[PDB]
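What you see of chain A is 181-230, 237-479, where the numbers are those given in the PDB entry. Whatever order the structure lists ligands and atoms in, that order sets their numbers, starting from 1. Determination method: X-ray crystallography, 2.4 Å. The analysis underlying the following values was restricted to heavy atoms, covering all of them including side chains, and did not include hydrogens, waters or symmetry mates.
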Amino acid sequence: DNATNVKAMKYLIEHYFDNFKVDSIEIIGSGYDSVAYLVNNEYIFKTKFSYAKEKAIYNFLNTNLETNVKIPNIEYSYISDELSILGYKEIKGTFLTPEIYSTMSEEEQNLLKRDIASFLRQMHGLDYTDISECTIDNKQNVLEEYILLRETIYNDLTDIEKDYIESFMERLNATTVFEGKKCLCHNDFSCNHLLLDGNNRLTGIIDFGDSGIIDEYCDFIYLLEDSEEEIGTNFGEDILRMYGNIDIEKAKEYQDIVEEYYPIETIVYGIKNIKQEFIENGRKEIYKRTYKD
Ligand SMILES: Nc1nc2c(ncn2[C@@H]2O[C@H](COP(=O)(O)OP(=O)(O)NP(=O)(O)O)[C@@H](O)[C@H]2O)c(=O)[nH]1
Ligand SMILES: NC[C@H]1O[C@H](O[C@H]2[C@H](O[C@@H]3O[C@H](CO)[C@@H](O)[C@H]3O)[C@@H](O)[C@H](N)C[C@@H]2N)[C@H](N)[C@@H](O)[C@@H]1O
Ligand SMILES: [Cl-]
Ligand SMILES: [Mg+2]
Ligand SMILES: [Mg+2]
């Protein structure tokens, strides 16, 4: 089942990109709706059975970004309703993790943080007129997701579940954090998308698949996150200081609101994609959070 999925994708790549010969192909990653392949120890091929926005973003950034940090440069694309494939040369490096960060010297850490702040400053500073179609309004997306809840499963939720959702919506309505600067954000800027070179400096960034014109605060939500997957609040805070001209408390409020939203986001994903286990997981997560002392 490892060896069979790969054969079909080898076939599709050779069918759709005429002169492309697959000598080797293995799985390097996968979401719940996509799979990524390392081909010829040289190319990444991201694939999905339903990437046009993602392509437009790479094409916009490879034109306009001034940076030594490498990003996917799309050489192969096939995009249709039922299948999408993007291919580009693998960016070489090692992914940032907590464990690697804790072994870096104070100075090594500082340089990495400066590299990050610098990349974000450059991306957030772009004139985004040429990708203006790629706007994203998170508040309005939540209101629309909430309506879909009300139209589907909300009435069958428990009272505890409903209180969690209502209490979130009360907070969404009171917050000011969606009313600030908009700019082009990576919008999934977690350390599993950041690549280091042999000196532990930022050498590449991947997965601009959720990128768009959105609140400036968006690109700090994972840098600020306190979890096993991410480095820590202090990492995000120092990066925020280095980046400058940004209200740190509101960045944290933004991050905290999105974190509160995660279980509802999980439920909504379950409804939209008809996957009951996601509905169950998000509801379960509500109980876990409700009972943490
Ligand atoms: N070293 C390296 N790995 C890459 C590169 N591009 C993708 N990957 C690997 O492929 C995995 C999946 O890639 P990614 O762009 O994050 O897509 P995804 O997040 O699973 N899919 P989607 O963005 O559609 O949800 C990554 O976790 C990483 O391991 C690359 O340029 N270099
Ligand atoms: N894996 C548990 C964590 O999930 C979320 O964080 C991840 C976050 O959320 C993913 O959402 C998936 C479900 O749709 C999930 O599979 C996620 O990977 C992801 O977008 C980042 N690139 C990596 C983040 N660390 C939460 N915001 C975080 O609080 C929680 O600790
Ligand atoms: Cl359920
Ligand atoms: Mg990814
Ligand atoms: Mg992605």
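- Looking at ligand 2, the drug there is ribostamycin.
- Contacts with ribostamycin (ligand 2) are greatest for the chain named in the PDB entry as Bifunctional AAC/APH.
- Within 4.0 Å of ribostamycin (ligand 2) on heavy-atom distance sit the residues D374, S376, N378, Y408, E411, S413, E415, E416, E445, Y448.
- Residue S376 approaches ribostamycin (ligand 2) through these ligand atoms, each under 4.0 Å from one of its heavy atoms: 21 (C), 22 (N), 23 (C).
- Among the gentamycin-binding residues UniProt records for chain A, the set within 4.0 Å of ribostamycin (ligand 2) by heavy-atom distance is empty.
- Inclusion of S413 in the set of residues having an N or O under 3.5 Å from an N or O of ribostamycin (ligand 2) is not warranted.
- By minimum heavy-atom distance to 1 Å, the UniProt active-site residue of chain A closest to ribostamycin (ligand 2) is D374, 3 Å.
- Within the listing of ribostamycin (ligand 2), atoms 4 (O), 15 (C) sit less than 4.0 angstrom from a heavy atom of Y448.
- At a 3.5 angstrom cut-off on N or O pairs, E445 counts as close to ribostamycin (ligand 2).
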